[PDB]
Peer 1: 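Supplied in structure tokens, the structure appears directly below.
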Amino acid sequence: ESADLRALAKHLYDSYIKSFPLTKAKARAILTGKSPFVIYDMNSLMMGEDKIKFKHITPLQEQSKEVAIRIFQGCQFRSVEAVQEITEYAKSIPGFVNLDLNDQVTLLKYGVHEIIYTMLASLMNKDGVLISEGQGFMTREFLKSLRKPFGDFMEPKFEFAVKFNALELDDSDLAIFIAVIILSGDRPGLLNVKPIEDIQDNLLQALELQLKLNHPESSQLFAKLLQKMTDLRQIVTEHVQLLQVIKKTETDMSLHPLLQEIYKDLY
Amino acid sequence: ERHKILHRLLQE
Ligand SMILES: CC#C[C@]1(O)CC[C@H]2[C@@H]3CCC4=CC(=O)CCC4=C3[C@@H](c3ccc(N(C)C)cc3)C[C@@]21C
């Protein structure tokens, strides 16, 4: 049993690495100074629109407007990327591609943002967030100052990230934590729960052992970590409401078809 | 599976 949980950890870690090119270690280094373009306002945003060439697409929309919009729209590019990376990594969780396709869709639909905010925290410190695969650093204060409702679309994630990073998880820990989140059996509209819960039981055992080996003096880390899953749901449901108020009060800005699918009929 | 982009992502 012990050796198999270990092998399962090792495997997920391996796929976690292939699937997400920029890692916590990689990005923690950059942040501690262990040379990124800094975005602090509009001008330095555009001047950093050649940070990684540009967030293009950059279709022939988003190209455009005031700062909050330009940023809101660049956020969708990166988050389509992320959904693909995540989908990819899910396929690698043993047992997952064996599930009903409808169940597979549901798990990803409901778990994707929880994972996006989990992974984003690796990329943050109290003062700002990395972007463009660590080539840019966007300041927190800039992100708040965004006005209409776009302010505080990111402040809550910073607040969560700062607490989450205090747990000081590494990539090996995060690898299994993310697996566990995807294999959540309480997703609305699951067809049959039993096989998903069987897999999670397994990831949970593996996570528990990982925490004990890797963080031997961190008391009740396993518990503290599952408690973060509630923090995470709040951010997700807060985010969704923001989404709903944009799709009305703000002008008709376009949405990537992939995001529309995930967003429609979810809470 | 009226999440068709996603169904494809998962469908190899
Ligand atoms: C639409 C939308 C949205 C958001 O969920 C809200 C904050 C966005 C974040 C801000 C800060 C930010 C800045 C950019 O310049 C592009 C990307 C970006 C985001 C988006 C994002 C999505 C996924 C990741 N991962 C998986 C590391 C990183 C950044 C989208 C975020 C999270």
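Naming: A, B, ... by sequence-line order, numbering from 1 per chain. Order of listing sets the numbers, starting from 1, for every ligand and every atom in it. For this deposited structure, the header notes the method as X-ray crystallography, 2.5 Å. Computation of the quantities below employed the complete heavy-atom set of this structure, encompassing side-chain atoms and omitting hydrogens, waters and symmetry-equivalent molecules.
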Peer 1: Indicate which of namodenoson, pemetrexed, mifepristone, zibotentan, troglitazone is present at ligand 1.
Peer 2: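 The compound there is mifepristone.
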Peer 1: Mind checking something for me? Which chain has more close contacts with mifepristone than the rest, going by UniProt?
Peer 2: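 Most contacts: Peroxisome proliferator-activated receptor gamma.
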Peer 1: Quick one: what other chains come closer than 4.0 Å to mifepristone, going by heavy atoms?
Peer 2: A
Peer 1: Which residues and nucleotides contact mifepristone at a heavy-atom distance below 4.0 Å?
Peer 2: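 Residues with a heavy atom in range: A/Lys55, A/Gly74, A/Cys75, A/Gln76, A/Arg78, A/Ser79, A/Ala82, A/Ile116, A/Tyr117, A/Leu120, A/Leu123, A/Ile131, A/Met138, A/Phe153, A/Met154, A/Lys157, A/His239.
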Peer 1: Which atoms of mifepristone sit under 4.0 Å from any heavy atom of A/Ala82?
Peer 2: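 With A/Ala82 as reference, the close atoms of mifepristone come out as 26 (C).
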Peer 1: Measure the distance from atom 13 (C) of mifepristone to every protein heavy atom, then report the residue, atom name and distance (to 0.1 Å) of the closest one.
Peer 2: A/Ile131 CG2, 3.8 Å
Peer 1: Considering heavy atoms of the protein only, find what lies nearest to atom 25 (N) of mifepristone and give residue, atom and distance to 0.1 Å.
Peer 2: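 So the nearest neighbour among protein heavy atoms is A/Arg78 NH2, 3.7 Å.
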Peer 1: By number and element, which atoms of mifepristone are closer than 4.0 Å to a non-hydrogen atom of A/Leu120?
Peer 2: 28 (C), 29 (C), 32 (C)
Peer 1: Which of the rosiglitazone-binding residues UniProt records for chain A come closer than 4.0 Å to mifepristone, counting heavy atoms only?
Peer 2: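 Checking heavy atoms, the UniProt rosiglitazone residues near mifepristone are: A/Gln76, A/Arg78, A/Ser79, A/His239.
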Peer 1: Which residue and non-hydrogen atom of the protein lie closest to atom 1 (C) of mifepristone, and at what distance in Å?
Peer 2: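 Going by distance alone, atom 1 (C) of mifepristone is nearest to A/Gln76 CG, 3.9 Å.
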Peer 1: How close does the nearest protein non-hydrogen atom get to atom 10 (C) of mifepristone, and which residue and atom is it?
Peer 2: A/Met154 CE, 3.3 Å
Peer 1: Below 4.0 angstrom from a heavy atom of A/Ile116, which mifepristone atoms are there? Numbered from 1 as shown, please.
Peer 2: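 Near A/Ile116, meaning under 4.0 Å from one of its heavy atoms, mifepristone has 22 (C), 23 (C), 32 (C).
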Peer 1: Under 3.5 Å, N or O to N or O, is A/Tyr117 touching mifepristone that way?
Peer 2: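 Yes, A/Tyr117 has an N/O under 3.5 Å of an N/O on mifepristone.
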Peer 1: For atom 31 (C) of mifepristone, grab the closest protein heavy atom and report residue, atom and distance to one decimal in Å.
Peer 2: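 For atom 31 (C) of mifepristone, the nearest protein heavy atom is A/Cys75 CB, 4.6 Å.
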Peer 1: What is the closest protein heavy atom to atom 16 (C) of mifepristone, and at what distance does it sit?
Peer 2: A/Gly74 O, 3.8 Å
Peer 1: If you map the residues of chain A that touch mifepristone onto UniProt domains, which domain gets most of them?
Peer 2: NR LBD
Peer 1: Considering the heavy atoms of A/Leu123, write down every atom of mifepristone situated less than 4.0 Å from one of them.
Peer 2: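 Taking each heavy atom of A/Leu123 in turn, mifepristone has 27 (C) under 4.0 Å.
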Peer 1: So if I count the atoms of mifepristone from 1 in the order they appear, which ones are less than 4.0 Å from some heavy atom of A/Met138?
Peer 2: 15 (O)
Peer 1: How far is atom 4 (C) of mifepristone from its nearest protein heavy atom, and which residue and atom name does that atom have?
Peer 2: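 For atom 4 (C) of mifepristone, the nearest protein heavy atom comes out as A/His239 CE1, 3.9 Å.
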Peer 1: Run through all N or O atoms in mifepristone and write down each protein N or O closer than 3.5 Å, as a pair with its distance.
Peer 2:
residue	atom	partner	partner atom	Å
mifepristone	5 (O)	A/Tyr117	OH	3.0

